[PDB]
Protein chains: 4
Amino acid sequence: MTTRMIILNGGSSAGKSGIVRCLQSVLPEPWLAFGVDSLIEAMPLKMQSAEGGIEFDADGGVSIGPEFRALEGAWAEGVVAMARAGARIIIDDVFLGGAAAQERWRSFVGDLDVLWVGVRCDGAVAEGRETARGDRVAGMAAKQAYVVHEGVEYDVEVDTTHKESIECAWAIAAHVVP
Amino acid sequence: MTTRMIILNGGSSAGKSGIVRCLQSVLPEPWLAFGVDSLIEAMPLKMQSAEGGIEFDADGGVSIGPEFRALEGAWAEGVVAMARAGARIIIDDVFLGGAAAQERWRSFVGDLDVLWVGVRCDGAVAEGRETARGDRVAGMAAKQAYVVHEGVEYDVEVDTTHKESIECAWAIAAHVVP
Amino acid sequence: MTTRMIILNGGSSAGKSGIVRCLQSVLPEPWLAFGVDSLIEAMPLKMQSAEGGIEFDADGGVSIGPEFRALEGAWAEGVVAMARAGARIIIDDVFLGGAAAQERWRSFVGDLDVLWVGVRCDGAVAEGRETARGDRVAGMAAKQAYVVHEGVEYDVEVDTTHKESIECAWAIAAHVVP
Amino acid sequence: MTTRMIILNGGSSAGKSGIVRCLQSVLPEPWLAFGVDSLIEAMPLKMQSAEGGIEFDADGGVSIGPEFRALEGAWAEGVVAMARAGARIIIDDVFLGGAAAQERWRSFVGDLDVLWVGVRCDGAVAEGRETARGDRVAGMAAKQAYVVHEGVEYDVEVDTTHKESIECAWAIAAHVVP
Ligand SMILES: O=C(N[C@H](CO)[C@H](O)c1ccc([N+](=O)[O-])cc1)C(Cl)Cl
Ligand SMILES: O=C(N[C@H](CO)[C@H](O)c1ccc([N+](=O)[O-])cc1)C(Cl)Cl
Ligand SMILES: O=C(N[C@H](CO)[C@H](O)c1ccc([N+](=O)[O-])cc1)C(Cl)Cl
Ligand SMILES: O=C(N[C@H](CO)[C@H](O)c1ccc([N+](=O)[O-])cc1)C(Cl)Cl
Ligand SMILES: O=C(N[C@H](CO)[C@H](O)c1ccc([N+](=O)[O-])cc1)C(Cl)Cl
Ligand SMILES: O=C(N[C@H](CO)[C@H](O)c1ccc([N+](=O)[O-])cc1)C(Cl)Cl
Ligand SMILES: O=C(N[C@H](CO)[C@H](O)c1ccc([N+](=O)[O-])cc1)C(Cl)Cl
Ligand SMILES: O=C(N[C@H](CO)[C@H](O)c1ccc([N+](=O)[O-])cc1)C(Cl)Cl
Ligand SMILES: [Mg+2]
Ligand SMILES: [Mg+2]
Ligand SMILES: [Mg+2]
Ligand SMILES: [Mg+2]
């Protein structure tokens, strides 16, 4: 019943982070937020130039090797362990592998009660937001806007194309069982 | 004829910075961007706790003393001097003093050709964006959303309430004389 | 035998973060880094103004309530779980409660093989570094420089007062069993 | 007599920024700080991928085209204009072109009273600091540690190899005529 984890998925610049900060502000109980971004931050800088690490193409492409995956896996188990320990966890991710990515998460989550959230945004609009924020390799937003959701199942879907972050947060919070 | 300076004015979280980065990306010639934020960054940290410096109330209020103003003034003259020297300058400001603030700028600009831009956004929406970005004292957006424009004259007015940054940028760029 | 976790402890501005980035660069296998700072980053912003959250006095003091501790605890278990899952983890912390803080960690770590590192630095020197970095409430460095180590047991002790970060990293890496 | 501008020069990771923040804290009157870094921040993002812009080699090299120089020039005149207007200005730069770079500055400064400061640091030590800060293309520190000072004349020289930032700041402040 009680929601233990909220997992958001969406392409770059779709507005996930904004929603996450809004959720932490809205939800009455403290929710810890982690994502692919905080993970990369925690990983050694050299992981970004390693063969089986993560590579950012000059055109927005993203490649993930086995070195990166092995680490992500251990990190995923720890996040889930935090939840089982009683910490409310929000996860901000980008399912580059679509359904396969969701399956991987299901693999670690087990029978833990999770709220699967889909965060959509039109590719062109996301691209514009990408330009507006100045901190992102041009090309990611467009490349991830749709592929990332293929075959993925959600409990709640919000679209930031015409909805503010705080509004999407309200929509998501209503599905969070205390 | 040729536009030398573009001066944007709007309350916190109205979307100025995003527009500025979009303008720099859109406009063919290189435009340098400076604002009240880069200025505070360049000022000594202690200016933020000084009597006549700048004080950020715990509720979003902002007070500016004479120490801060004297410095801002010299900085304003330098920015204008950069323009007269041939650098295209975009300025991102918050006219806390409404029309009085614009007059001060007119004072430094002289006969330099400037494009005065107004950046509006509904207070409640800006407040939500304030929460979404996690980096801003709650209360500023609402407090500045309207007062900042009172008696101020613009050449172009854009509203981010329902327009993306890149779109407002297109509207502004069209008024920029090469 | 194989070192699973490296736990650094030291006052603010003692140089922990620099050492951590050096360790990640030096150590051949990928090491994930988390600390009290990344934790606060992951916690809701409001935790910083909550009764039992974390409060930063205007003079450098730091208070931690039960709300903050409960969360930290669940986070600690997750970090350890990441280690047991095979991820090499570096932790950057500040034992405000001296020995009591180390005991708490021992509580979560169990029989996991950990490398306890002490990072010292003269109070006055740390204070200067605090001023130099511009991002830290004046007063923390001096307040934490010594109290934080009282009754704490280390496997390796480095002092940044006259040693570069990369050098302290070499000293620490030598004690890391592959 | 009265010092109007303080111009620091030194290779990447030599410790300039730290010194600058210390100077702003130490000096009684408010000093505005600008540098090659704040300039790049103010320049359009695309300047970093333009033919005559600025290019960061994957090995630490830095190339500056005419597009970048033209803008820098106008910016230099504005900074000086700020000084003539009464603002105390600290400048943090990297004289890639050695003496030629200093001549260029002399060109804009004119008869303005300037305090020329040299900030040295051993290449290997700077390289280590480069690794420690995680935010800098590996290779810059070593490449700039010496070449940057060739044929350059200073009023004060400090060396961060064995001196803290706050200490170098004290040495520099003593040469500042009120
Ligand atoms: O250390 C490195 N590589 C080897 C293989 O040459 C390695 O197995 C590795 C790759 C990435 C990584 N990380 O993220 O810390 C760690 C080790 C390169 Cl990053 Cl220099
Ligand atoms: O820009 C970055 N990451 C974006 C997402 O924020 C990139 O689009 C990305 C997408 C997926 C990913 N992953 O899950 O493997 C990693 C990075 C990091 Cl360098 Cl901050
Ligand atoms: O130095 C200070 N104050 C005096 C008056 O006590 C001063 O005239 C002043 C205020 C702000 C400032 N600044 O921004 O650098 C400089 C000096 C305080 Cl910030 Cl400690
Ligand atoms: O949050 C900040 N500034 C905002 C504007 O970005 C604040 O609303 C503000 C408004 C006006 C101002 N001024 O022009 O005097 C200074 C700060 C700085 Cl601390 Cl980054
Ligand atoms: O929501 C809040 N407080 C209550 C008590 O009034 C609460 O139990 C709490 C405190 C901190 C916190 N956090 O970090 O998310 C969460 C809830 C205040 Cl932060 Cl407004
Ligand atoms: O400045 C901050 N934290 C410093 C340590 O980096 C503060 O000294 C501190 C010390 C101990 C602590 N804790 O473990 O409870 C939290 C913050 C955060 Cl706001 Cl980034
Ligand atoms: O706009 C661009 N280039 C042309 C030449 O193709 C131009 O003259 C230029 C280069 C850098 C720049 N800047 O920094 O804004 C501006 C224009 C490229 Cl950055 Cl896409
Ligand atoms: O890393 C950067 N700049 C460093 C100096 O901080 C680089 O070494 C550099 C050196 C000289 C320069 N210039 O003056 O032309 C520009 C960048 C910027 Cl991307 Cl923040
Ligand atoms: Mg995100
Ligand atoms: Mg702005
Ligand atoms: Mg640290
Ligand atoms: Mg610098």
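Chains are named by letter, beginning with A, in the same order as the sequence lines. Residues 1-178, in that order, are what chain A shows, numbered as in the PDB entry. By the PDB entry numbering, chain B shows 1-178, in order. Chain C residue numbers are taken from the PDB entry; in order, the displayed residues are 1-178. What you see of chain D is 1-178, where the numbers are those given in the PDB entry. As the structure lists them, so they are numbered: ligands from 1, and atoms in each ligand from 1. Worth knowing before you read on, the calculation uses all heavy atoms, side chains too, and leaves out hydrogens, waters and symmetry mates.
- In this complex, the main macromolecule engaging ligand 5, as named in the PDB entry, is chloramphenicol phosphotransferase.
- Modeled at ligand 5 is a drug that PDB records call chloramphenicol.
- For chloramphenicol (ligand 5), the other chains with a heavy atom below 4.0 Å are labelled A, C.
- Heavy atoms under 4.0 Å from chloramphenicol (ligand 5) belong to A/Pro28, A/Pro30, C/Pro44, C/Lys46, C/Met47, C/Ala50, C/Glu51, C/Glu67.
- Here the heavy atom of the protein found nearest to atom 5 (C) of chloramphenicol (ligand 5) is C/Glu51 OE1, 4.4 Å.
- Checking the UniProt active-site residues of chain C against chloramphenicol (ligand 5), the nearest by heavy atoms (to 1 Å) is C/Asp37, 13 Å.
- In terms of protein heavy-atom proximity, atom 13 (N) of chloramphenicol (ligand 5) is nearest to A/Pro30 CB, 3.4 Å.
- Residue A/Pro28 has at least one heavy-atom neighbour below 4.0 Å for each of these atoms of chloramphenicol (ligand 5): 16 (C), 17 (C).
- There is a protein heavy atom less than 4.0 angstrom from atom 16 (C) of chloramphenicol (ligand 5).
- Put simply, atom 20 (Cl) of chloramphenicol (ligand 5) has no protein non-hydrogen atoms near it, under 4.0 Å away.
- Protein heavy atoms are found less than 4.0 angstrom from atom 10 (C) of chloramphenicol (ligand 5).
- Listed by number with element, the atoms of chloramphenicol (ligand 5) under 4.0 Å from a non-hydrogen atom of C/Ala50 are 10 (C), 11 (C).
- With a cut-off of 4.0 Å, there are no other ligands or ions near chloramphenicol (ligand 5).
- The protein heavy atom nearest to atom 2 (C) of chloramphenicol (ligand 5) is C/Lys46 CD, 4.8 Å.
- The closest protein non-hydrogen atom to atom 14 (O) of chloramphenicol (ligand 5) is C/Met47 CB, 2.8 Å.
- Of the protein's non-hydrogen atoms, the one nearest atom 8 (O) of chloramphenicol (ligand 5) is C/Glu67 OE2, 3.7 Å.
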